[PDB]
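Quick look at a structure containing lasofoxifene.
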Amino acid sequence: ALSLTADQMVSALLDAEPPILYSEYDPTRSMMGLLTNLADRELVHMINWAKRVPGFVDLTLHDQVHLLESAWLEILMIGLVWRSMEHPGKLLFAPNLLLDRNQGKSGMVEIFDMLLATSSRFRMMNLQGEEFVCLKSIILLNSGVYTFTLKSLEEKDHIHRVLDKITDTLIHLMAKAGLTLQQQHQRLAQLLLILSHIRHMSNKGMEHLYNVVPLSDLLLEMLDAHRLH
Amino acid sequence: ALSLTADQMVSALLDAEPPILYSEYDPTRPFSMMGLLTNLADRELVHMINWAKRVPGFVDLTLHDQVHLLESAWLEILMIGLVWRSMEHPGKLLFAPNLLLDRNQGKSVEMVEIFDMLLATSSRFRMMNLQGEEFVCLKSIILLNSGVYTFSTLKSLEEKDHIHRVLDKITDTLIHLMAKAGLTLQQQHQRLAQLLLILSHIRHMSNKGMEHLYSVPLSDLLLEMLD
Ligand SMILES: Oc1ccc2c(c1)CC[C@H](c1ccccc1)[C@@H]2c1ccc(OCCN2CCCC2)cc1
Ligand SMILES: Oc1ccc2c(c1)CC[C@H](c1ccccc1)[C@@H]2c1ccc(OCCN2CCCC2)cc1
């Protein structure tokens, strides 16, 4: 995990990429319901992706749950934003569900505009796929690391070590891209600062989503899988 | 501002530093916490505007954009200042030199949630051995970055460009401070990343804090003070 190279980190992350799911509705024939159903089906695939992120399965089950519980919406959003890059003014929730801002207006066209603005920023920066997977992995490991005993000290230290490896990977990606050393840390800073805005969008999103099993135990169930398959 | 060297950026930032204010309560009478915190924050905000106008490149922006940036960042700025002066006080938050509270004093009203988050941030700074030169850079970054994604006119395009160019200068400054600290190129980029990722948590704390306060528009008060 901590012994991988930069290119091995990239190859591991890309291969771990979840598939693009479709909205469940009749194309031969309500928006929140569609987005909710889409989000829930994506969460299942997100857990599989998370377990394939180098260093994540090295953590305790409790800490895995905590990290995903903190980051799951940010992860959905940055994925959505990535999907929507070459669709200006629109959000590609699914290949059969492409929406403009005046569609999402029918009470949160607010985060719609915020997601669009993020996509435009990624389009302005010419974000690459190898950079995207790095950023998404960073969100997974970092979003909940500040909100967690001897075990916790080792866990947090391990997390920060993996984050450092991803940072080195990002630098390597930009160094190979021909960027000067100054352009490297500048682009690094620009990419990470965007994560603060994605955190912001998640907060506003969760403010809207807020009997049912608490999300932690659902995450617990999907993460704590046996070895019989 | 874009012509400033790294050391000139630091000295300018350090000079622009706001004063540490005191809680307005009488120490001679016995010991409402939120009121004390609210009063302190409002007095700090006035000084924050002075600090903001002395951050390189900020006055180069339109009044409207200055208001937008501050309205988005003001709570984050108050918070990172809080955890900075609380860094040498483990398990406690130094709101003011005469107002030092532990986490049990946080249960005042149905806020200890934000308290623990602030405490956790201060311990993270303490473990990283955050330097004063780094602190002022990060705080300036919050000011310029927090609201830059929530502004399409020709004017606004030039505004966003300038902001991102100043942000780059702060990034250059941070690396220069780490390189002058004796850190290798690998460690420089790693520490840069660690510091900026903390800002995501500060944004998080701000949002949680705003949710508390939400339960005379600020832009008008900011506009009044900025002009
Ligand atoms: O690729 C994606 C699929 C669906 C979405 C998004 C990305 C971006 C946020 C959207 C959003 C809409 C309204 C409010 C907040 C965010 C929507 C979305 C809809 C519903 C959601 O929550 C469903 C509840 N469900 C319970 C456990 C996990 C989620 C999350 C995201
Ligand atoms: O150095 C500082 C002085 C005071 C504070 C803080 C830092 C960190 C946040 C604190 C907080 C406690 C509970 C909930 C949210 C935040 C408290 C604080 C209290 C009240 C505040 O809001 C006052 C309202 N006022 C109207 C216009 C501007 C603020 C801001 C910050």
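Chain letters: A, B, ..., in sequence-line order. Numbers in chain A track the PDB entry; the residues on display, in order, are 307-335, 341-417, 420-461, 465-526, 532-550. By the PDB entry numbering, chain B shows 307-337, 341-419, 421-461, 464-527, 534-545, in order. In listed order, ligands and their atoms are each counted from 1. Heavy-atom basis, side chains included; hydrogens, waters and symmetry copies ignored.
Structurally, the main neighbour of lasofoxifene (ligand 2) is the chain that UniProt identifies as Estrogen receptor.
Other chains contributing a heavy atom less than 4.0 Å from an atom of lasofoxifene (ligand 2): B. The heavy-atom binding site of lasofoxifene (ligand 2) at 4.0 Å consists of B/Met343, B/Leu346, B/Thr347, B/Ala350, B/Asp351, B/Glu353, B/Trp383, B/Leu384, B/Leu387, B/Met388, B/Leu391, B/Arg394, B/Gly521, B/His524, B/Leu525, B/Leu536. Chain B: most residues in contact with lasofoxifene (ligand 2) are in UniProt domain NR LBD. The N/O atoms of B/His524, backbone and side chain alike, include none that comes under 3.5 Å of an N/O atom in lasofoxifene (ligand 2). Each of the atoms 20 (C), 21 (C), 22 (O) of lasofoxifene (ligand 2) lies under 4.0 Å from some heavy atom of B/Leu525. My check of the UniProt 17beta-estradiol-binding residues in chain B for heavy atoms under 4.0 Å from lasofoxifene (ligand 2) returns B/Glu353, B/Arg394, B/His524.
Annotation for lasofoxifene (ligand 2): atoms under 4.0 Å from non-hydrogen atoms of B/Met343 are 13 (C).
Inclusion of B/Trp383 in the set of residues having an N or O under 3.5 Å from an N or O of lasofoxifene (ligand 2) is not warranted. Below 4.0 Å from some heavy atom of B/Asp351 lie the following atoms of lasofoxifene (ligand 2), by number and element: 23 (C), 24 (C), 25 (N), 26 (C), 27 (C), 28 (C), 29 (C). Distances below 4.0 Å separate heavy atoms of B/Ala350 from the following atoms of lasofoxifene (ligand 2): 4 (C), 21 (C), 30 (C), 31 (C). Which parts of lasofoxifene (ligand 2) touch B/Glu353 is read off a 4.0 Å heavy-atom cut-off, strictly below it: atoms 1 (O), 2 (C), 3 (C).
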